[PDB]
Number of protein chains: 2
Amino acid sequence: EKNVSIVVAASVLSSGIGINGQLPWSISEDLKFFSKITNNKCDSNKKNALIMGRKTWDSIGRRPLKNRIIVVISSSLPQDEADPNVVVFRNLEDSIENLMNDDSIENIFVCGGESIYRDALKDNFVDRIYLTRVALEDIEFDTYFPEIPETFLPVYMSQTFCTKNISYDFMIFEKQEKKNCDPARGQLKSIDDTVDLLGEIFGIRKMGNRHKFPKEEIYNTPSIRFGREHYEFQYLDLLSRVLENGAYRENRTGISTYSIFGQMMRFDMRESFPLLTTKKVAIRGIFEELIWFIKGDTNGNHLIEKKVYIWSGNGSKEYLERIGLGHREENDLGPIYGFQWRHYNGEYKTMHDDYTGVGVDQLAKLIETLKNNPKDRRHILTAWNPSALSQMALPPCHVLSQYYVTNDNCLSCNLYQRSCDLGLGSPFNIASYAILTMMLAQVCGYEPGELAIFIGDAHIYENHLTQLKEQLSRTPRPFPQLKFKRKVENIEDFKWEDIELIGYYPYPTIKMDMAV
Amino acid sequence: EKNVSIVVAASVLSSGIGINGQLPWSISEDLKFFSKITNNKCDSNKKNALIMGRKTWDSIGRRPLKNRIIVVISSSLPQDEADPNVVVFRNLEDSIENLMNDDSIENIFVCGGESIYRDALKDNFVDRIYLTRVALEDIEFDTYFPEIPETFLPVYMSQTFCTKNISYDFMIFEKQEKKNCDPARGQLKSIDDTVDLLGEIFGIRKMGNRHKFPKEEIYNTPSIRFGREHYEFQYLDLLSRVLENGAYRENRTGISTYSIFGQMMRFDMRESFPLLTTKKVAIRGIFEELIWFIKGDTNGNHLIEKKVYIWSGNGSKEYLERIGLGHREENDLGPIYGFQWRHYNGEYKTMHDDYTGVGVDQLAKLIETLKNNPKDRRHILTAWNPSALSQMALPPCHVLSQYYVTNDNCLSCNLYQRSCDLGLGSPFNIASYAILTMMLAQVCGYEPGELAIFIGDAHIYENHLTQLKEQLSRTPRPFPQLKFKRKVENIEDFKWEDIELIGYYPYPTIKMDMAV
Ligand SMILES: NC(=O)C1=CN([C@@H]2O[C@H](COP(=O)(O)OP(=O)(O)OC[C@H]3O[C@@H](n4cnc5c(N)ncnc54)[C@H](OP(=O)(O)O)[C@@H]3O)[C@@H](O)[C@H]2O)C=CC1
Ligand SMILES: NC(=O)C1=CN([C@@H]2O[C@H](COP(=O)(O)OP(=O)(O)OC[C@H]3O[C@@H](n4cnc5c(N)ncnc54)[C@H](OP(=O)(O)O)[C@@H]3O)[C@@H](O)[C@H]2O)C=CC1
Ligand SMILES: C#CCN(Cc1ccc2[nH]c(N)nc(=O)c2c1)c1ccc(C(=O)N[C@@H](CCC(=O)O)C(=O)O)cc1
Ligand SMILES: C#CCN(Cc1ccc2[nH]c(N)nc(=O)c2c1)c1ccc(C(=O)N[C@@H](CCC(=O)O)C(=O)O)cc1
Ligand SMILES: CN(Cc1cnc2nc(N)nc(N)c2n1)c1ccc(C(=O)N[C@@H](CCC(=O)O)C(=O)O)cc1
Ligand SMILES: CN(Cc1cnc2nc(N)nc(N)c2n1)c1ccc(C(=O)N[C@@H](CCC(=O)O)C(=O)O)cc1
Ligand SMILES: O=c1ccn([C@H]2C[C@H](O)[C@@H](COP(=O)(O)O)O2)c(=O)[nH]1
Ligand SMILES: O=c1ccn([C@H]2C[C@H](O)[C@@H](COP(=O)(O)O)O2)c(=O)[nH]1
């Protein structure tokens, strides 16, 4: 029948595609994509046609595109014979007669101009859309990509890439007419039927039935079945798995959860920063807690003083009293994360004491082994100290991490987290250890690698159900970028002002109460 | 023309299906499977036909099967019109006219007798094979399932199930005809080509390019693309993953490996024991090293005396020397795990010293919490004590573990393993911590749950390449069962003889040298 597909690069929030007759931006990988995509064909004796409005024709210098035939739509341009790789038409519908004839034309692409896009869509001429989402807002646009008609559904979203600090995506939308998101399903009737029957026979007894694929009403952007490349699906899909399989269970806080044991999440950090886009995340507070950790600081007031209250709850007199630490000052949390990082096995007295020299400095050693022996398999940082647990406001959650220097020269990080509050703590942990890995990488002379998080008790607190369903209804946007303004000499030296968060265009923040 | 599939239950090694006119076993779930499968149909106005040899007809008492038509092949049986649900034919070929006609007959099943299977396969009448593999050998068989023709390929392998301590699967075989083993690829031209093109543009900058799908020549039983349910694939595919992506890198050993970071494996422990069948695995030494840890013993002699030599290489006078620990008696391994399990943070001297009372007894604490506070999110056991690494013959590989009591009353286990020798240590760790979980579960009144292994440095030593590729050429068999003959009072009371390993029919041992 001959496929007709739109190909465009529009800004993530406004769908801005042009300014004063030009592109709002310069991203070569995107042009390479345009070239590969429009050039891609089966028959060597055929060519693809690239339809475009006249202004776009002007915008590219009125020079032909190799191996392809350009079809310009113009009421004024003359139909001449000079170039046989460029041809003119008076309206879109007529040019569409690439279909009813030229058998030398394999595929058709609508290659843009807002005016051309809008018609092709209005008149139901396109089957597919290749959308390069560019994280560039707050800049002038005078040309837009129309809003994608509801008859289209996304089927692929690649990971975030980066060019000159600009984050971008690649999505594919397909028009689906007439008529499970599980990839290993709907593949072969006999396999699906057999597994289904085996499941009826055994019950909880078949491990698969303990790991049911999420029903679509809890599956984010469910139409994307085989192309969920964007690594934010790694967190959304874990949410879906616990919403689908979570056992309902009581716990120390009195606010029950839905709980599954033993999931994982991997995020790339070479091209982008894993800061969730489906909800606005408080990154300043994350950074402050991280730096607070690095300095082996356990004084909660230092956090509060900077208007960061994540540790207030577990620092209160009331709480400290409840767990048997009524002897502490307000906000003395005991030998937690920071202390175990800088002074492992050190004898904790109070937050006011000087501990320089005491305990084992894991962090310092980590940076030394990382520099001097990179391929060593012992780059570990731990916070689990059986002898210190009872003195901690809260036992270590992000419990152990290990660090792996690539042959590429990048720093990758693994973290086991015994207990993970998916709504409120996970987004934090992900970003936090993404930042730490980048800080470690800079002081050791490496580039950021990959981040993998392995979870024990992965749960959602029962008062976050409607909030996370809300979140799950939001399709993800390209991840932002995070850059350091200066190269520090000591990891303890980083400051908020040193952090540059580039291109973060999240959805509204979603309120969620933390369980004390 | 419609579908003809075989349904058979045969023993793992010899494919025995009968003895003295009956089955060698009684596994009701398999009868339930047989029933689901041969009853399975779309058109509510048609029925399926089950073809069987006369002897099989005798073996089921000559009583019709509900909702189905039974086709008996016999030279002697009278062709009566009496029961419209049972029909007789003089030969298998004539019977196949179920195709040509009886549009009441939706699908056809060859339901067996060795004589009937062997004919159906020889004359090319069957398209599919449903094959329940039973782990029973060393019992009498007089009837067998023919050897599956090479024109058939395996497309599914369920997990191992257990009935009356008998391990069993089911798997599907499909007949091949003309025509990527990757699940997500091959679903849409548009998506595969986009991902491909994107890969070309970005190269190593696209995470996916850093985790390529393994090429078939190194992927176990590649024809099974969407049905690799047998949890032995969790191990085998990790092997395949590093063969395909592993980075060549040197290490302290002197024997270079191939390395990838952050991987995971999952194993069920409810229906079976995860002891690799693609190679014979030494379970006894494993158990002996395990019970050794449990007791807190750091004395390497005790294992040698029991003829277990896994800790010799790293306990010799020459080795303890190269790492500056010669002031130590030979085979005095220092406070590794065991000491860390029973006396975490205790002050270590020699192995002969009496440590009762020193250090934190994590194991004891574990068991007392698993009992009194199952839902607790802190069941942790750690062996990574920075304050003690210097004096350990070797730093801890299986570094931390977490334990999770389901509402189902089972005990699941998570282990982070900083470094993992895939050819030598991994098969051991999977079994080791499987056993430890069953021990803990018996002792605490629970049933075995699931086992997940999170790995940091996942590698293969370069001298194991031939052995591993050999292993990768062996198709998995059902896992064996592992039961305790008695209920111990304390976990320190387990003894080799208390363990009954039922139904293990591994492939031959594969010799692999351990890098010191
Ligand atoms: N990021 C991206 O993906 C892309 C962005 N762009 C940007 O978009 C902008 C150009 O888009 P836009 O401003 O909409 O201009 P267009 O490229 O749509 O071209 C408009 C011209 O096309 C002809 N035309 C349009 N409709 C008709 C019709 N119904 N009948 C006959 N001729 C018609 C007219 O030419 P005439 O006056 O001769 O009749 C009109 O002047 C530029 O800034 C460009 O940089 C362009 C392509 C891609
Ligand atoms: N594990 C499993 O899935 C199954 C196992 N079994 C076991 O298999 C055994 C039975 O198999 P088997 O011993 O091979 O006997 P079969 O069940 O295959 O039946 C053999 C009979 O079928 C008829 N027959 C066979 N070939 C022909 C032919 N070419 N022309 C005409 N009639 C033919 C003959 O009946 P006649 O004498 O009337 O000519 C022959 O005696 C039993 O022990 C049963 O328990 C059976 C089914 C399934
Ligand atoms: C992990 C971690 C760090 N931590 C430490 C921390 C301490 C105790 C915890 N307790 C529980 N039950 N869950 C947690 O995630 C948790 C986290 C956090 C603590 C609180 C919040 C939280 O309340 N966040 C709110 C705050 C709003 C804001 O940041 O301005 C949020 O909206 O996100 C986040 C992180
Ligand atoms: C994990 C662990 C325990 N350990 C501890 C241990 C210590 C140092 C190591 N060093 C290296 N490089 N790899 C290891 O797996 C390793 C394992 C083991 C050590 C050796 C064998 C081993 O060589 N087994 C032989 C033969 C012994 C047998 O047949 O029983 C084998 O061929 O399988 C297994 C486990
Ligand atoms: C019409 N237009 C505007 C433009 C710019 N970027 C886009 N990007 C996308 N994703 N989609 C578009 N339609 C698109 N259009 C174009 C078209 C072609 C070239 C161009 O130079 N193309 C060469 C570029 C090749 C290269 O640089 O590697 C080609 O090979 O097709 C530039 C702008
Ligand atoms: C021919 N035969 C021997 C037998 C036994 N086990 C097998 N198992 C398998 N997987 N495949 C076979 N062909 C097979 N055949 C049979 C056939 C039917 C029944 C039988 O009782 N079937 C009932 C069983 C119903 C039930 O137990 O739930 C049915 O509904 O089909 C027993 C033995
Ligand atoms: O870095 C952190 C700190 C705490 N929590 C959450 C996990 C649990 O919801 C709660 C800890 O409670 P316990 O598992 O100790 O009961 O705080 C996190 O998710 N990440
Ligand atoms: O349970 C274990 C014990 C040791 N090893 C292997 C992993 C490495 O091959 C080697 C440890 O080397 P280092 O991490 O110390 O470099 O021992 C395992 O795989 N599993």
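Residue numbering restarts at 1 for every chain, and letters A, B, ... go by the order of the sequence lines. Just so you know, ligand 1 is whichever comes first in the structure, and atom 1 is the first atom listed for that ligand.
Counting heavy-atom pairs under 4.5 Å, the chain with the most contacts to ligand 4 is listed in the PDB entry as Chain A, crystal structure of Dhfr. The molecule at ligand 4 is the drug CB3717.
The drug or candidate drug modeled at ligands 5 and 6 is methotrexate. Other chains in heavy-atom contact with CB3717 (ligand 4) below 4.0 Å, by letter: B.
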